[PDB]
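Below, a PDB structure including cetuximab.
Each chain gets a letter, A, B and so on, in the order its sequence line appears, and its residues count up from 1.
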Amino acid sequence: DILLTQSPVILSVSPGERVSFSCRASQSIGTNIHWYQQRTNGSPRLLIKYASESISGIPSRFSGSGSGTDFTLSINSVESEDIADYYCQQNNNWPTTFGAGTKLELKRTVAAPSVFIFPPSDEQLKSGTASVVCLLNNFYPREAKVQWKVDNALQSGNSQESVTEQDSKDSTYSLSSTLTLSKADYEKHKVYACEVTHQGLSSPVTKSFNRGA
Amino acid sequence: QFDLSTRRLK
Amino acid sequence: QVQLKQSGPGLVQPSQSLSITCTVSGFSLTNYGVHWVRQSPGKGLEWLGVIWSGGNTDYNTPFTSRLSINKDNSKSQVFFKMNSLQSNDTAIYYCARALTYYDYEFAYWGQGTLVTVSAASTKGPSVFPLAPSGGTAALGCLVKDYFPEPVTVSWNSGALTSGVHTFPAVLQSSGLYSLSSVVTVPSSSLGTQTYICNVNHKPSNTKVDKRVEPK
């Protein structure tokens, strides 16, 4: 099988900048290489066929070149909708093989997160479980801290984080931190606070509620 | 490495 | 308009069989060949096989024994069947069509089929409201305790997309998945507008519409 090595693993650029994706073959494959785009939760999308040939509906800002073992996919002016993974595929040799792909991240101005805290619903408390959700919305960069406090007691090990991929429009991230307690534990305490640390904040922001208002 | 949840590379 | 639509996301017991149906439109299966490609954490994109216009089949080397592709030209359906699944067979499976009948540049893809190989049983999720309380209100739904992935979440039957963030599912210690889907709206619309998250967990046929109001 033909081994396709894509470099780098991660690319980080700014909107309007040129960017080049590398794809190297273990041996000469002529120009029998295809490129693909894959956005979040999407299927691969054909960008370029046979090293340089254009594809219908594909923006003119996408082009490709190279021959033999060294190939290059180029975006002359990156837009926020270009945020995706990019794969290369060879078919000069059977069977057709794909590269490991390159992740394209976009840089932008620092954006402070908007913080919202959500108490557990009365509907869930019937199950004997309580989920307290903290929302960090539309921020940049990805790095952020979420510290949970229950009656001034530092919570640890009982929370989980989920982070959205970069937004295709404003290039921001959103984060959700979920504090999970038993209904017994939740009922024994009053003040539930969520402290957020981020570069866009000159001070940690705390959203909190008293159980039962 | 590919993530089945988001169909994106981590 | 050329389209390929695969069957619903599925759970497969260890050492059991996997079956996916690819239904096509916009072209005839007698004119084009249908390929099958999977995507896994450990192996990335991987070409599996193809059934050609004439009915001939090619299977990639490490699948020749347990792979089986069939079709019905009349019903425009392609049948993918792989035997003896193990954990590292857990991946997203695609059916695809090339630009030209003989070639391999995949310009058309199915939406994908997330296959999870596990002995565990299917469980529908519970949906709980994230009730709202600078003129912008945040609200959402808590989709908790389900298996396996995936679950689809929309807002107001697809009419609401602006400001929606559906977070990636996280695996809890219980072995059950959980996610939240949020959306920012004008706080003055909480009295006028109705907000419903449309939750669908096809592996368990659990379909729930959850109305989210201020408590």
*What are the identifiers of all copies of cetuximab in this structure?*
chains A and C
*Which macromolecule in this structure makes the most heavy-atom contacts with cetuximab, going by the name the PDB entry uses?*
Cyclic beta-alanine-linked meditope
*asked:* So if I count heavy-atom pairs below 4.5 Å, which chain of cetuximab comes out ahead with chain B?
replied: chain A
_Which portion of A:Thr164 sits near chain B, non-hydrogen atoms under 4.5 angstrom_ = neither
_Under 4.5 Å from any heavy atom of chain B - which part of A:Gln38_ = both
*Side chain, backbone, both or neither: which part of A:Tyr87 has an atom under 4.5 Å from a heavy atom of chain B?*
side chain
*Which residues form the binding site of cetuximab when counting heavy atoms under 4.5 Å?*
B:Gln1, B:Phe2, B:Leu4, B:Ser5, B:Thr6, B:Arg7, B:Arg8, B:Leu9, B:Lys10
*Per the PDB, what's the name of chain A?*
Cetuximab Fab light chain
